[PDB]
*Asks:* 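Structure with thiabendazole attached for reference.
Lettering of chains follows the sequences in order, A, B, ..., and the numbering in each one begins at 1. As the structure lists them, so they are numbered: ligands from 1, and atoms in each ligand from 1. Per the header: X-ray crystallography, 2.8 Å. Just so it is clear, the values below take in all heavy atoms, side chains as well, and ignore hydrogens, waters and symmetry mates.
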Amino acid sequence: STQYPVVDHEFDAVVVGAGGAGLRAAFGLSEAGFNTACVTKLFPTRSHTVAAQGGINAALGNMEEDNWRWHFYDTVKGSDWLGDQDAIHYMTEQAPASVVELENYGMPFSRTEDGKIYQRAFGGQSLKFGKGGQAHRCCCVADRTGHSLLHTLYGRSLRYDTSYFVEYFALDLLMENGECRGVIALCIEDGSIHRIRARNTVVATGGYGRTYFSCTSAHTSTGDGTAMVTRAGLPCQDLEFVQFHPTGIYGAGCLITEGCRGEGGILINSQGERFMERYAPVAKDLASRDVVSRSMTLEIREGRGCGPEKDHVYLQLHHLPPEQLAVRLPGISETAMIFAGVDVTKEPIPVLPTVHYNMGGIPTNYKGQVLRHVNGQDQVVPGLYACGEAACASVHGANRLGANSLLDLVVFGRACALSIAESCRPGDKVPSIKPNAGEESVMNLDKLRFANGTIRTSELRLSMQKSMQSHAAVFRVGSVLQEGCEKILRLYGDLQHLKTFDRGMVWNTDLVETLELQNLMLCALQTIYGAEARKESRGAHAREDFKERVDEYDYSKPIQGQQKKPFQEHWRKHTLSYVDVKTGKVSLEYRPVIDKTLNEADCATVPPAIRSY
Amino acid sequence: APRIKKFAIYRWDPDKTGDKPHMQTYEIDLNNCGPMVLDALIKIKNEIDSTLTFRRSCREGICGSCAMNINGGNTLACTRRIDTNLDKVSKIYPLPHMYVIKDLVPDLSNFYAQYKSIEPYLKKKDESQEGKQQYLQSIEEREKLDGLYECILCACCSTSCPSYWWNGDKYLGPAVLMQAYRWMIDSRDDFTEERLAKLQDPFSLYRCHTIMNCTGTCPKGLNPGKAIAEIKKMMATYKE
Amino acid sequence: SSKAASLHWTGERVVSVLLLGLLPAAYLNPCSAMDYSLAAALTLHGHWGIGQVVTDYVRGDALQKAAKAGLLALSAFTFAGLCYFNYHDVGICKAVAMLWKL
Amino acid sequence: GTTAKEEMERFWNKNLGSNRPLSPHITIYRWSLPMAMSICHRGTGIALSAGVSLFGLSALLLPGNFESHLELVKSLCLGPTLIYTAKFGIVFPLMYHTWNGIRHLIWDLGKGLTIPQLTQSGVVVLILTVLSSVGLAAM
Ligand SMILES: *Cc1cc2c(cc1C)nc1c(=O)[nH]c(=O)nc-1n2C[C@H](O)[C@H](O)[C@H](O)COP(=O)(O)OP(=O)(O)OC[C@H]1O[C@@H](n2cnc3c(N)ncnc32)[C@H](O)[C@@H]1O
Ligand code: HEM
Ligand SMILES: c1ccc2[nH]c(-c3cscn3)nc2c1
Ligand SMILES: O=C([O-])CC(=O)C(=O)O
Ligand code: SF4
Ligand code: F3S
Ligand code: FES
């Protein structure tokens with residue numbers, strides 16, 4: 001009841017997250033003179049970004065000569081024109097300044113003959129706006145880019161007086177009349193409950209990949225922010241767009257970097273054919289993530305399955321110089337052994353497309369301001385920001401380009417901090433909250449803390465995971481999505497049959513993983529219903545029944561002589577999902593993609609077209 | 001065709017009045033389990049007992065979350081594959097000489113605070129020009145960083161150094177020490193002398209007596225001791 | 001930067017090499033000067049050696065300062081005695097010789 | 001905003017004011033050759049320093065010269081192999097600490113600090129101990 005002691009805190013800002021995005025935003029605020037709190041359930045270093053391998057994109061032109069505007073082109077193209085071009089302008093432009101900031105922070109990038117940041121080839125990247133051949137702009141710390149990045153940022157973060165709430169589990173946002181007043185969180189260490197309130201709040205909680213049975217992401221990718229936003233009655237955007245990374249270990253589903261392919265790696269089927277040379281003649285196995293894994297999954301259907309079960313594919317590396325494999329790809333070389341017993345110098349890795357990245361998340365400005373959808377128009381939610389995988393300024397659209405999330409993180413983390421700095425002053429009036437506020441979060445906590453029902457958390461979690469896995473995979477049909485939809489909705493009902501066993505205040509990992517399950521459910525529920533509704537094939541979301549890109553026009557031939565379809569008649573628009581928490585009923589809406597850049601003169605708008613690699 | 005393994009596991013509930021640190025046994029059909037000790041830990045959590053409390057995340061060995069004493073040695077539960085030998089009972093403990101918050105979850109606040117004291121970030125005498133151009137560093141100068149930058153602050157090393165057991169407050173320990181060295185040999189760093197000058201007391205660096213448990217136990221295959229030796233040499237030979 | 005620590009450390013290694021040299025040196029040259037230099041090296045290295053063991057295990061201001069005091073006394077008593085033995089008795093090189101033929 | 005030093009104090013004030021146990025250390029840690037050879041160096045080190053100290057102090061506190069003390073020892077049943085053994089266990093600690101001390105100095109230079117190079121060196125130190133302790137008890 002009032003069994004829980006409430007401790008109240010006062011700040012200028014609160015950042016929820018200590019991943020790349022979280023940290024960059026956190027000390028970004030401190031640096032601008034803001035009394036800042038950062039709230040994270042993991043120790044900052046443990047955050048998922050640490051796992052990141054490939055690299056971080058900037059048009060620095062260390063390998064060849066480059067233009068950030070070519071990076072811009074690549075990103076919008078890859079996004080299948082569901083990507084908001086204003087945000088892509090802002091990102092791809094700020095890219096070199098952002099990478100340089102990191103290197104100047106201390107990030108130990110691999111180095112060229114010039115002793116400049118080494119860059120490498122990556123999937124779906126070109127020179128001269130898709131013309132002048134393969135681009136080499138992915139900046140990397142050898143094989144462990146995300147590792148270094150996170151530590152570098154963490155290291156740097158120690159320099160400022162940010163108040164850190166480590167191993168605190170954020171429960172909900174403190175919401176008062178459409179405005180964000182702060183957060184409410186559980187202190188895992190002693191079980192006490194904390195109301196951290198601030199004038200501004202940043203959500204940087206990363207993705208919800210754990211909604212699936214097989215995914216490359218951490219056990220802590222539980223869409224905790226997405227859910228918090230959903231519980232506030234705010235929209236989440238484009239959640240049906242889930243990235244299936246081509247190359248992940250057949251067993252434990254650990255990620256093997258795309259940098260493997262950018263370093264000369266090849267993809268091979270059961271009869272040895274480099275099947276990717278036939279599926280995408282120009283770019284080959286350095287095409288998009290959605291095209292490559294589409295091809296892989298298809299080759300398995302075809303019959304060309306590999307291994308005893310004929311249910312995976314081979315990523316070949318053995319033909320590459322061993323010097324190169326040691327220098328350019330040490331991290332994978334080791335875990336290829338550890339998890340598969342594979343020597344990369346002599347034999348191919350057993351790979352399978354698995355869930356990897358959440359394009360969708362919280363709708364956002366190019367400024368990082370969280371948006372709601374009032375009267376078919378956009379609206380800035382006062383005191384609310386979001387960045388990283390958690391967010392969706394959809395700078396990534398329908399398909400996220402390789403090595404763009406690490407970029408996303410730092411760019412928009414910084415952006416959030418700048419938006420606050422440039423809108424208000426530190427030490428300004430911190431908006432007051434009701435004494436009752438956060439009441440139901442504690443009530444929800446208590447109910448879960450003493451749960452006695454028929455079904456245990458792990459059982460229910462496994463049901464949701466296998467269902468999402470079989471009904472919301474690479475390819476999906478209206479019938480299978482339909483079954484999945486009601487399958488999940490029923491499982492949402494089951495949440496009040498929950499069995500918890502642990503009943504302590506300290507480190508109740510039984511209770512949190514249940515709070516994580518409530519969170520994952522909302523994320524899945526919105527993912528699946530959104531998927532069923534989108535009757536087209538755009539980017540990562542491929543429908544068997546509707547294999548066509550449904551735009552305002554038919555961009556296979558020139559426009560004008562064509563009549564423009566009205567808004568709710570085409571599909572080139574953002575999916576906005578809600579859910580009535582009690583019932584679990586999903587309701588959807590739509591907002592238009594942004595096509596105007598930040599300056600037509602500096603960066604031309606790239607109009608939709610046929611998208612082939 | 002079954003195949004069962006035994007797991008002896010350290011337990012402690014701070015929320016069960018007058019609970020004393022004790023072991024608890026579980027049994028797992030290894031046919032229904034992934035190869036790693038974590039897989040097992042998760043499987044007993046998910047099925048047999050969810051009062052079992054441990055840190056985990058990446059299940060890949062980069063976050064540094066597992067970090068527990070497994071059969072005498074400190075490694076990562078997601079890295080260590082269990083002994084298929086059914087005759088041996090697997091012994092899982094928390095990280096040695098550390099305060100147990102609950103079960104296999106040790107208070108690392110000191111380990112973290114110690115890392116903060118070395119200032120693990122690049123430092124320039126003139127930082128007015130930062131954020132403009134990428135700093136220069138040869139592929140050679142860069143090589144001096146390999147085997148150093150890879151540390152995942154898992155704390156296996158520091159927490160297997162017997163000097164750290166008896167002097168954990170004032171002695172910085174291998175991981176944290178190796179990191180200071182990691183910033184010492186960074187060409188781009190300007191504060192090399194003052195970094196060394198901070199280890200000028202009996203306790204900070206000089207409790208290391210080359211026992212070499214650190215290097216012995218590092219799940220990431222790193223050599224903290226060798227780096228500590230290198231610091232010791234730098235300390236003796238630097239000028240002022 | 002009063003390099004007290006890093007000096008003390010090298011000084012330790014300096015006597016450590018010194019004490020190693022004086023062993024075969026004493027056997028190959030069992031003179032009286034070799035008795036005194038072997039007494040200084042012996043008790044110094046031993047005093048710094050236990051000094052380490054002290055700082056490792058002896059917790060507090062009360063205990064740690066006391067243990068150092070009592071160690072300094074023991075060391076002084078040990079060095080003086082070895083000097084005495086060199087002067088008013090056999091000398092440690094011959095004392096080993098005499099002891100060994102037995 | 002909190003100092004590394006401020007954090008450390010709070011770590012101690014919290015944990016010493018708690019009822020938390022320390023996880024087991026030596027009682028559960030698996031032993032290895034170098035791990036045992038490190039305390040042996042402390043053992044032999046401490047033992048030897050006690051020997052040297054007992055010698056110097058008795059030379060000041062006890063009356064009668066060394067020559068008479070030796071004759072006092074001769075005045076006793078001294079089996080050729082019981083004078084050998086009573087002497088071997090006086091060389092043995094010294095020879096181990098001598099050899100392992102050399103290894104410690106090679107380390108101080110920075111050489112041989114890999115794990116293979118440590119089991120190799122440890123064994124060599126262990127063998128040399130035996131040979132020099134038997135080759136001096138027979139001298
Ligand atoms: C899985 C993966 C992803 C990945 C990659 C390799 C793998 C195996 N490699 C990449 C690469 O080479 N280049 C690139 O651009 N991206 C790569 N990715 C994708 C990318 O790494 C991730 O999308 C990105 O790292 C996400 O980072 P973000 O800052 O958004 O946050 P996070 O690292 O996922 O961690 C989330 C943080 O939020 C806190 N949190 C979460 N829930 C809560 C609650 N309830 N309360 C408080 N805090 C919470 C966590 O503590 C964590 O710090
Ligand atoms: C000439 C042969 C000897 C050499 C080369 C030698 C060298 C060393 C070295 C290198 C150490 C450990 C320092 C470290 O941890 O790096 C040590 C420990 C020590 N030695 Fe010696 N030593 C020798 C003989 C002796 C003798 C005869 C005594 C008796 C007075 C002695 C007393 C000690 C003590 C008390 C320690 C401390 C043990 C510890 O803290 O680990 N040593 N020695
Ligand atoms: C196990 C426990 C305590 C230990 N202390 C040492 C040691 C102290 S000085 C040189 N080595 N080694 C140890 C091994
Ligand atoms: O999401 C990413 O950019 C990437 C990824 O799997 C990698 O190549 O490491
Ligand atoms: S050096 Fe190795 S054992 Fe020590 S904290 Fe780093 S990864 Fe862990
Ligand atoms: S375990 Fe130890 S005392 Fe030194 S060499 Fe390693 S830190
Ligand atoms: S959980 Fe990442 S280290 Fe094992």
*Asks:* Which chain letters or ligand numbers go with thiabendazole?
*Replies:* ligand 3
*Asks:* Okay, contact question: for thiabendazole, which chain racks up the most heavy-atom pairs under 4.5 Å? Name from UniProt, please.
*Replies:* Succinate dehydrogenase cytochrome b560 subunit, mitochondrial
*Asks:* Return the chain letters whose heavy atoms come under 4.0 Å from thiabendazole, other chains only.
*Replies:* B, D
*Asks:* Could you check what the entry lists chain C as?
*Replies:* Succinate dehydrogenase [ubiquinone] cytochrome b small subunit, mitochondrial
*Asks:* Number the UniProt transmembrane segments of chain D from the N terminus and list those with a heavy atom under 4.0 Å from thiabendazole.
*Replies:*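 UniProt transmembrane segments 1 have a non-hydrogen atom under 4.0 Å.
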*Asks:* Measuring from thiabendazole, which other ligands or ions can be reached in less than 4.0 Å?
*Replies:*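 Closer than 4.0 Å to thiabendazole are ligand 2 (protoporphyrin IX containing FE).
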*Asks:* Could you help me figure out which residues touch thiabendazole at a heavy-atom cut-off of 4.0 Å?
*Replies:*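 Within 4.0 Å (heavy atoms), the residues are B/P162, B/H209, B/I211, D/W31, D/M35, D/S38, D/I39, D/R42.
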